[PDB]
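What follows is a deposited structure in which one can find ixazomib (bound form).
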Amino acid sequence: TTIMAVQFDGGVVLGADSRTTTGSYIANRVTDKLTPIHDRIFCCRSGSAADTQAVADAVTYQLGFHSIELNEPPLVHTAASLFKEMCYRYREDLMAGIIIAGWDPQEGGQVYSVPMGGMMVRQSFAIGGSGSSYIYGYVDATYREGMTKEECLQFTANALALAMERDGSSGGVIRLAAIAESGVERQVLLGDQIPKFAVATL
Amino acid sequence: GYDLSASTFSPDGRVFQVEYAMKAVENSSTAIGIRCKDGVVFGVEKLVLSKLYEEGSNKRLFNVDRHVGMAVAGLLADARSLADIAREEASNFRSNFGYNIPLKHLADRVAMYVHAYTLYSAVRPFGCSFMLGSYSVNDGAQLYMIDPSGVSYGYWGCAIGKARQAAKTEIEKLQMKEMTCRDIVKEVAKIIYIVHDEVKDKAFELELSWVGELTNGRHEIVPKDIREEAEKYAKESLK
Amino acid sequence: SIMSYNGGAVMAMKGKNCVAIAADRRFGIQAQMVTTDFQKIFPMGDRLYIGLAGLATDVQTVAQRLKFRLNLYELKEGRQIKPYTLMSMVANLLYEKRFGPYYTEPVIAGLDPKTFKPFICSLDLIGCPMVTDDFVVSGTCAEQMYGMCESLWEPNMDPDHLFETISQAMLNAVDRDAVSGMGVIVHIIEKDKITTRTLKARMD
Amino acid sequence: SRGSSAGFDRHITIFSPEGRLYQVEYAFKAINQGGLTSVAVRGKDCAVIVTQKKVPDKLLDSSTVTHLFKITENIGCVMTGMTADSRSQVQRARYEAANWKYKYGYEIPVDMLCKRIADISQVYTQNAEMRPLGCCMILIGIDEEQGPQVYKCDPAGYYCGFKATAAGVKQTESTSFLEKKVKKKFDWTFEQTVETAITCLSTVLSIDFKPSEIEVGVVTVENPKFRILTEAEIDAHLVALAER
Amino acid sequence: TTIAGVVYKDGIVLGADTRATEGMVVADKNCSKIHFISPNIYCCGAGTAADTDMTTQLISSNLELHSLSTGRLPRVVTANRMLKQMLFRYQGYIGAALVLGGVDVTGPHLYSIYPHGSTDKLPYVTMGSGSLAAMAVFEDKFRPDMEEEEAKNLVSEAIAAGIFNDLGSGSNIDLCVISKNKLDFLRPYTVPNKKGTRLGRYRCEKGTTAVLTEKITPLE
Amino acid sequence: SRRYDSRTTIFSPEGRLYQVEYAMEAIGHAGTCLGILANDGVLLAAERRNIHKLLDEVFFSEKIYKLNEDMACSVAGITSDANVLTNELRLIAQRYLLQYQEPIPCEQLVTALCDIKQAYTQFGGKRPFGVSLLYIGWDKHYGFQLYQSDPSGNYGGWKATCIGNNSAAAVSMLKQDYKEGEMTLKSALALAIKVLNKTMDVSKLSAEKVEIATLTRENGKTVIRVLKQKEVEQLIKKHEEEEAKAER
Amino acid sequence: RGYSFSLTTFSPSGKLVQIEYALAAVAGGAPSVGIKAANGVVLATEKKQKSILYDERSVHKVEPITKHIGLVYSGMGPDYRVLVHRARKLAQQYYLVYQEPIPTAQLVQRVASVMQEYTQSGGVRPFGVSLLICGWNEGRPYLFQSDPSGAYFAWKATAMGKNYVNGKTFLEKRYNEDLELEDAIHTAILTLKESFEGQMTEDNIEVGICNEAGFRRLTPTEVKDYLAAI
Amino acid sequence: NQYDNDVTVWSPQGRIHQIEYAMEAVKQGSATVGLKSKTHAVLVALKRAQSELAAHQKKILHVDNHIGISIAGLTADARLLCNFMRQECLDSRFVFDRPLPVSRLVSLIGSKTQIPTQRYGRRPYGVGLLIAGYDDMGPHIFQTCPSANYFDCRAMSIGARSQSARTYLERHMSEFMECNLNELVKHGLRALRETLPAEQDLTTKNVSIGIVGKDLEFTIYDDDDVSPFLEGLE
Ligand SMILES: *[B]([O])([O])[C]([C][C]([C])[C])[N]C(=O)[C][N]C(=O)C1=[C]C(Cl)=[C][C]=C1Cl
Ligand SMILES: *[B]([O])([O])[C]([C][C]([C])[C])[N]C(=O)[C][N]C(=O)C1=[C]C(Cl)=[C][C]=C1Cl
Ligand SMILES: [Cl-]
Ligand SMILES: [Cl-]
Ligand SMILES: [Cl-]
Ligand SMILES: [Cl-]
Ligand SMILES: [Cl-]
Ligand SMILES: [Cl-]
Ligand SMILES: [Cl-]
Ligand SMILES: [Cl-]
Ligand SMILES: [Cl-]
Ligand SMILES: [Cl-]
Ligand SMILES: [Cl-]
Ligand SMILES: [Cl-]
Ligand SMILES: [Cl-]
Ligand SMILES: [Cl-]
Ligand SMILES: [Cl-]
Ligand SMILES: [Cl-]
Ligand SMILES: [Cl-]
Ligand SMILES: [Cl-]
Ligand SMILES: [Cl-]
Ligand SMILES: [K+]
Ligand SMILES: [K+]
Ligand SMILES: [Mg+2]
Ligand SMILES: [Mg+2]
Ligand SMILES: [Mg+2]
């Protein structure tokens, strides 16, 4: 898996590859690893498919109930704290590397990492999963403060494409989402729409 | 008789044990809260039952979270236990959700705990009413009041205890929406002096607290010199 | 292997209007024969028997606890249990121990107490049921038994022919297994009678 | 018989000699202590809840005084009777719904939510150690197949779906008003649903409302999310009615 | 085991083989691996046989309680949630690998469900030791919106690919077809394998077997 | 809560347990139920209360329960209570069989249930069970046996006895007619009908109105049979012919 | 915690009065009828249904337990809903173990046993309902009644609720052993007409039938058709 | 009457008669007095003797190095509460390696003692305490009651004829803050002496004294050890 999210002024961009593996068998080549937790809050999931689905379902439940009781949209920081609480408490029984990203009216676009072990840190952009190793250098060199939504989408697609090329556990299609006050926009890059970089022939 | 248990309705649909608990509140001396442009101010008529007690003994104003004050009337040991419930609910909210409990949610949670003590023969209703006040830039000023049945509402101004109606009628004279906390403390002190029956009960302390823009959203005792000035304004206003 | 500690073999087999169930008679502990008349087939009804191979202590416990349940069932209900319902009862009993099972894999053979239709089945140690129309086998010489049964069994056999086939399947199968044998017992179940025989058998 | 009593049958939920549960009967009287009446009406396109909004005290923050509650995004409710009891029943409905969704993967139907609340209330009528809640819940939502729904449940644990219904002090009068009006309608079905609700309320109370004296909540087939009308929105209805 | 499913224009086709093994020995030649969940939902099972049986029976039963109560036909999402939350709770110790398919008010839905409790919602899925053979058929020939007969052809070919290339699979092909209008439970769909016929006879006459003891007990 | 607790498990001032006594009043109003021991068997005969024309007749009896292979009982009192106790009797009997691999001796079954009934009079704050039971059985220690138990958890063994309506009158008739050591199943059957004829004085006795079970040994096995109505009509006929002789 | 003492006890004359009073709630309930025909069973009941405002289809008095078993009642509706839920759960527990649908009598015995508990267990009153339970198994129809004490009885035909004593005498002078189901449905509805007051529509009665195909509620349009002759 | 047997039953005047009755247990105890200066907190108690040959009941109890108590009411309840106070003090030293602040301990007592006043079948504690302590905030005298309320005091007396002792303590309290230890104890003894019948006096058999302060761990003086304090009541 490769997962990523990036803050911009007014929102966030999230992406993931789409590969689920058991050993080196691809059990799903078009996985949707970006899961809605509330109207403008998503999580990107890496690690164990079972663990991350169960935790996402449980947090969706907690956050939905909390939000009805308060009669307001939830804070992105609150969704992240709920993930963290569960991933930290059960760190010995779960294999879950999560990015929480979304928009709320109080703090705008936000990205939180909850890596394995259950720490939580806010970041300008976050990457995770096995494929993220291959793109640390790329993102460190390419990230610019003040990118637009469209630049964040391009940056995310490029990063994920590079990771997918090199990581056996990542591949398939790129799923993107943009979240802002006006809502959620989802898309898929497939086939020729995935950014392409030549293999280096002599 | 139909009035021995909170699990027994009377034939007209009343729960007399809750109504009796309310009488305990109505026998107590008066507490007031006022919401204004930039926060909330609390005042209590704290009756001094012996000159042997220290100034500050038996406080009726509590901090339940750094941003939340509580003002009580009724049976004081029940009120303190409720302050501890409120403290724990605020604490557990921060631990679970990672931010400061919104006032309304804190009021509704402790109200439901109060309400749970009005259904059963196994326990008795709390003999207390209390106000909760806070301020933040995001939420503004908020003042809630909870009674022994567990009802919770928001207020511009509120009074509990035995001179409740006399207090309310004075509070209604203020345009509190356009006043600051510094102006309101004087008016709180004034109103406590108006409704205090100096013939029937000889000695009292004024207790004052506030939360607002001026305390940076922290619930705090009103400083000694401001309280003394407020008392002096109230006393001369009584003239 | 836990299931070979005591050794043992059972099988059941279906004919026209009749069923047969058979078992070796050895009770042993690893290499050592301890007795040669150990009961592994138990009546659960006039025309319904259960055979259990596996760890001898669990053979006995599962037979007994099954009997406890069945007796309560029959007293409460109006009636004799159906073969299929016994299977289910047994399945439930075994699967309750899914995470620390009894080490026994029973076979059931019977006629329906009202219609007299033939029924046979087997279950694994955690209660997975398998109903067949021919034969079932369980024990330490399952492969030997499969070989005999597959080669000999035929549809719609009369009681005399079913007896010969089950007997020959058992005797020859157990004769290739070090920890089964010391005698074979066979029950033929018909509408109107049960016939019980011990066979002339190798005692090594 | 006829109002007979033995032992503790007026104190706890045991049978009287006629087979009645006095403590349950008294819980219905507790519904009226609050002095309020609510009305709900369903048509082909929407369902509506209307209730009285009484702010006697000027010092109340009137935005916190409501009897309308969101249960889920798609289910609304009006509560009538003892206030803290009602809040508690609202929280429990919120919990039941959220738990249904988590376990079953689709939103709780309004009928099942009403039934579950009713079954919880039933326990209080059979177990002696607690009293019934002195409140009545009316739920509205859209069912994908049956259209707009109005359900009500009560302190006896009875529940029913309705074309229209009411609760509180003028419940009977509202019931007669609404019965008389549906009989006249074709296919016995309300069509002007917000108007009927407000008119019914206004008739049985004899008030003729200001927009701050009632609350109105709605769900529609085109917009199933539960919505609370603003004052201005309510006023537009009161003015459309005023002029005919 | 080879189990598989496909979403077609108007419904779901589920498929399965009928072999069960104990070690590398065939124990059942005609095991039924396509399980009833509700009148509109079926579930193929692979993995530990007692666990697939018991898990599908329990969920079918709890779903029957659910539908009796709602008065409505159940939803596939519901069976999926219930199965996954149970399998997650047991941490993978219930060795049920499932292909869950049905048709409900929102149309046809197909899920694969793994023992640790993960699920994937997909238009074609396969499970069991023959799942790669069956998946290769699907990748090569699946089209969206197939007609009923095309989808049946494709699922039987996929099961056949497991039957013939996987030692854990064999015997017959069973199908289940589920649409808004119809449920066809096709057991067997095809019998591609057969025992050869017996060339000799071993019809052993009475007295062949020597007998030590006999007791006749007459019954009623 | 102390106000509402009716205190079912306390002594009264004379050392009595009122709930127990009140339960015994309920039993005395239930259908008459007698038990008679003979040399070759034991029997239960009971008044049926289920006699309305529109009843459907679906079980093998109304108040005769098989307990295990060698024992049966009948009951007088609250029916639903009897269903609980008989179910518990069957469980006890199977727990014993499980543990020892032989049938529970009759008196040990009766004692085991009576300890449950006793406990309900001493702790728990619950109403006792409104049931008296007659038990018939065979075991290898004492042969054919007949026991009686009541809501106090007291029991005793009997050669003949009666519970339910008109018990006292029925026991006097038994005292007079029963022949210690000399009864057969056939003469115990005759005596049973004689007794029910006098104690159902409301009114003329009929096969629809009684149930008879017998318990015998045939070929090392216990047989427990509810008599068919044809057999019951024949016994009533014979009793009526016998009263024809009575003078000359 | 819960009151641990019985709220039903013996009176000095040997009566369990709370059970008697529960029976009085039943007797004041809306009438219900069951008739066992040769080839099936019918259950019918009156809706105590005021108002045209009620959505008659929103809640049902005649309910399925299993494919082959159904229920109706007389007395307190919310109490009935408890027992329907438990009966359904009992039926499923049976099926999970035996893999055969629960025989009607076994279902009745288990439900009756729940009702007995509520006459002895701590801090609770008995159920103010009597149930009529129908089913088909072993090739044959069954009709049972279960009362607030937990006592149960097998009937050929019976009535319960308001005016039940007369309903029973009406059935006595009208039931015969060889009667068909279609005829039985009629006579069930006639038995309800005896105590109706209101003019019967298909919206204020409910009818359920049990035969070899299973248990089901008759639809409004099916009831409408039987009502045309009545 | 119907309102006076259960601590869960409010009366129609908004009172709880069981709490009021429990307070009677304290009013019938023998008197004790507590007072403080800037630097010390003192407890003085009268010990009641059942006969001329009995010792005289213990009235003053050690809680921690910085805390002692004086008791009036049911002795068994006094011990139960004293054991709870001891344990809370041990816990605070174990966890934080510092003495539990006196006012925090008293809040703990309030919360503990409130609980049975709200549950059926439970009863209030039938004991009143005077609590003497010293911490970073100086000396303290607190009073606890069966109602669970508590009070921070300049000085106090509870028990039989304690009103006389309170009157004495009001009369001289403006002197207390500046008193040396000897003066302060004498003031405690004179207040206590007001509670006695005119005949009778303070003796070494009937007086007990507890002292804690800036330089002095909580210490109890009985029998011959009170003679120094009784001499020069001059
Ligand atoms: B990625 O971290 O490589 C990916 C992300 C999940 C959230 C989809 N993880 C995997 O593919 C890891 N695989 C599994 O958890 C898995 C899948 C299946 Cl189908 C069966 C067993 C297992 Cl353990
Ligand atoms: B398939 O997944 O290979 C098949 C599915 C079942 C439903 C038939 N599984 C097997 O054949 C694996 N075997 C068993 O679960 C089994 C295990 C045991 Cl311990 C005993 C008997 C059987 Cl039949
Ligand atoms: Cl996933
Ligand atoms: Cl990580
Ligand atoms: Cl990660
Ligand atoms: Cl992929
Ligand atoms: Cl007040
Ligand atoms: Cl067992
Ligand atoms: Cl959810
Ligand atoms: Cl209209
Ligand atoms: Cl799901
Ligand atoms: Cl037995
Ligand atoms: Cl036995
Ligand atoms: Cl109790
Ligand atoms: Cl249900
Ligand atoms: Cl079923
Ligand atoms: Cl139906
Ligand atoms: Cl004392
Ligand atoms: Cl004492
Ligand atoms: Cl006090
Ligand atoms: Cl005092
Ligand atoms: K790759
Ligand atoms: K109750
Ligand atoms: Mg051998
Ligand atoms: Mg040898
Ligand atoms: Mg795990």
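Every chain is numbered from 1 and lettered A, B, ... according to where its sequence line falls, protein lines coming before strand lines. Counting starts at 1 for both ligands and their atoms, following the listed order. As a textbook-style caveat: the illustration shows part of the entry, and contacts are counted within that part alone.
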List the ligands or chains that belong to ixazomib (bound form), copies included.
ligands 1 and 2
What macromolecule, as named in UniProt, provides the greatest number of contacts to ixazomib (bound form, ligand 1) in this entry?
Proteasome subunit beta type-6
At a cut-off of 4.0 Å, which other chains have heavy atoms near ixazomib (bound form, ligand 1)?
A, E
Within 4.0 Å (heavy atoms only), which residues surround ixazomib (bound form, ligand 1)?
A:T1, A:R19, A:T20, A:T21, A:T22, A:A27, A:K33, A:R45, A:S46, A:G47, A:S48, A:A49, A:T52, A:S169, E:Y114
Contact check: A:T21 vs ixazomib (bound form, ligand 1), nitrogen or oxygen atoms, below 3.5 angstrom:
yes
Can you name the atoms of ixazomib (bound form, ligand 1), numbered from 1 with element, that are less than 4.0 Å from a heavy atom of A:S48?
15 (O)
Which residue holds the protein heavy atom closest to atom 9 (N) of ixazomib (bound form, ligand 1), what is that atom called, and what is the gap in Å?
A:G47 O, 2.8 Å
Report the other ligands and ions found less than 4.0 Å from ixazomib (bound form, ligand 1).
ligand 3 (chloride ion)
Could you peek at the entry and say which residue and atom carry a covalent link to ixazomib (bound form, ligand 1)?
A:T1 OG1
Kindly confirm or rule out an N or O of A:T1 lying under 3.5 angstrom from an N or O of ixazomib (bound form, ligand 1).
yes
Just to confirm my output: which protein heavy-atom neighbour is closest to atom 21 (C) of ixazomib (bound form, ligand 1), and how far is it?
A:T22 CG2, 3.9 Å
Ligand-residue contact atoms, ixazomib (bound form, ligand 1) with A:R45, heavy atoms, under 4.0 Å
7 (C)
Check this for me - ixazomib (bound form, ligand 1), A:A49, N or O atoms closer than 3.5 angstrom, yes or no?
yes
A:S46: numbered ixazomib (bound form, ligand 1) atoms lying under 4.0 Å from its heavy atoms
2 (O)
Give the name the PDB entry uses for chain E.
Proteasome subunit beta type-7
Taking atom 7 (C) of ixazomib (bound form, ligand 1) as the reference point, the nearest protein heavy atom with its distance
A:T52 OG1, 3.4 Å
Can you confirm whether some protein heavy atom lies under 4.0 Å from atom 11 (O) of ixazomib (bound form, ligand 1), or whether none does?
yes
Under 4.0 Å from a heavy atom of E:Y114: which atoms of ixazomib (bound form, ligand 1) are those, numbered in the order shown and with their elements?
19 (Cl), 20 (C)
For A:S169, take its heavy atoms, then give the atoms of ixazomib (bound form, ligand 1) lying under 4.0 Å from any of them.
3 (O)
Quick check: A:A27 and ixazomib (bound form, ligand 1), any N/O pair under 3.5 Å apart?
no
Looking only at protein heavy atoms, which one is nearest to atom 8 (C) of ixazomib (bound form, ligand 1), and what is the separation?
A:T20 OG1, 3.6 Å
What are the atom names and distances for all N or O pairs under 3.5 Å between ixazomib (bound form, ligand 1) and the protein?
{"from": "ixazomib (bound form, ligand 1)", "atom 1": "2 (O)", "to": "A:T1", "atom 2": "OG1", "distance (Å)": "2.5"}
{"from": "ixazomib (bound form, ligand 1)", "atom 1": "2 (O)", "to": "A:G47", "atom 2": "N", "distance (Å)": "2.9"}
{"from": "ixazomib (bound form, ligand 1)", "atom 1": "3 (O)", "to": "A:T1", "atom 2": "N", "distance (Å)": "2.7"}
{"from": "ixazomib (bound form, ligand 1)", "atom 1": "3 (O)", "to": "A:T1", "atom 2": "OG1", "distance (Å)": "2.4"}
{"from": "ixazomib (bound form, ligand 1)", "atom 1": "9 (N)", "to": "A:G47", "atom 2": "O", "distance (Å)": "2.8"}
{"from": "ixazomib (bound form, ligand 1)", "atom 1": "11 (O)", "to": "A:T21", "atom 2": "N", "distance (Å)": "2.9"}
{"from": "ixazomib (bound form, ligand 1)", "atom 1": "11 (O)", "to": "A:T21", "atom 2": "O", "distance (Å)": "3.4"}
{"from": "ixazomib (bound form, ligand 1)", "atom 1": "13 (N)", "to": "A:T21", "atom 2": "O", "distance (Å)": "2.8"}
{"from": "ixazomib (bound form, ligand 1)", "atom 1": "15 (O)", "to": "A:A49", "atom 2": "N", "distance (Å)": "3.0"}

